Trainee: 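Structure with thioridazine attached for reference.
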Amino acid sequence: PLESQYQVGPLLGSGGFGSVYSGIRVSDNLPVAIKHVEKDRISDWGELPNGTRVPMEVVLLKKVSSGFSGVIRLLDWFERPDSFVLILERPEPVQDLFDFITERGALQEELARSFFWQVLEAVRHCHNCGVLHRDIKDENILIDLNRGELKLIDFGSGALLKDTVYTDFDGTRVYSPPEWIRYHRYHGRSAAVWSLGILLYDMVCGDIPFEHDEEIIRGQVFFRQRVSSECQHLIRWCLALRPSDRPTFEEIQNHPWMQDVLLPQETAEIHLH
Ligand SMILES: CSc1ccc2c(c1)N(CC[C@H]1CCCCN1C)c1ccccc1S2
């Protein structure tokens with residue numbers, strides 16, 4: 001049923017997440033994205049409500065794809081002999097946050113506030129659906145350049161949310177928290193806050209704070225760009241070494257620097273058009 005129902009187009013890239021092609025749904029001419037994932041490479045499996053064995057990524061996507069969110073939705077999927085195939089939304093025009101920052105450099109605080117907020121809502125939604133993304137970073141965040149709306153991709157590293165300790169991590173090293181580096185254990189929310197702490201620094205300074213493990217474990221943040229006494233506070237609080245000294249989402253979202261956030265449409269007018 002696959003090859004008939006959608007119309008494949010260009011490639012859009014590949015990595016440790018598979019190979020994505022542009023594509024159109026014939027039924028409506030919705031833009032979509034088609035993501036092929038080989039079975040032989042899938043490390044992490046699960047089971048859907050009806051009790052079928054699929055890749056975790058699919059489980060997680062289905063859980064977060066109900067109604068609107070800052071999360072690129074799974075519209076459908078297929079199984080093949082050696083691949084799985086996932087149809088996803090394709091916002092148009094779009095750009096990932098890595099390219100954006102690689103182009104425009106560090107972001108004005110007003111713009112970083114808008115983006116960071118949207119990531120926070122998006123991550124709150126995942127956590128609400130029982131999902132931990134486990135790999136939050138610039139290149140896993142897309143920007144719909146017209147509506148000013150950020151959306152969250154790949155879930156390939158990613159787990160069912162749980163309150164006990166995690167001992168695996170197939171994510172991004174430089175975004176990993178000191179507790180993991182040192183002890184090979186961490187807890188979801190606290191770890192996620194850390195990664196957000198890294199995300200926010202990247203946004204305002206145009207590059208990540210830490211390169212090597214020694215730098216992470218040492219937890220000391222040097223600012224290369226002019227950033228507000230207040231943003232620095234929020235970043236540092238998010239990158240506290242002791243997980244228990246990091247903020248909750250509420251606390252992050254009630255932090256002074258997070259107040260008077262621009263809505264997505266006005267963000268695009270001022271900062272993207
Ligand atoms: C653009 S449209 C679009 C819409 C939905 C997704 C994808 C692309 N990509 C991003 C492609 C890749 C391109 C090279 C630069 C790094 N990035 C991650 C993807 C990737 C990973 C998991 C899920 C997905 S779903």
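By convention here, the first residue in the shown sequence is residue 1. Side chains are part of it too, since the values below use all heavy atoms of this structure and drop only hydrogens, waters and symmetry mates. Numbering of ligands and ligand atoms starts at 1, following listing order.
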Trainee: Please name the chain that forms the largest contact set with thioridazine, as given in UniProt.
Mentor: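 The chain with the most contacts is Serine/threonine-protein kinase pim-1.
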Trainee: Write out the binding site of thioridazine as chain and residue number, heavy atoms closer than 4.0 Å.
Mentor: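 Sure - by heavy atoms, that gives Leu12, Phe17, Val20, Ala33, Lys35, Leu88, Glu89, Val94, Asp96, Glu139, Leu142, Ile153, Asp154.
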Trainee: Which UniProt-listed ATP-binding residues of chain A does thioridazine come within less than 4.0 Å of, going by heavy atoms?
Mentor: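 From UniProt's list, the heavy-atom cut-off leaves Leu12, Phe17, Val20, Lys35, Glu89, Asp96.
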Trainee: Which UniProt active-site residue of chain A is nearest to thioridazine, and how far (heavy atoms, to 1 Å)?
Mentor: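 In chain A, the nearest UniProt active-site residue by heavy atoms is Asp135, 8 Å.
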Trainee: Report the UniProt domain in chain A that accounts for most contacts with thioridazine.
Mentor: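 Per UniProt, it's Protein kinase.
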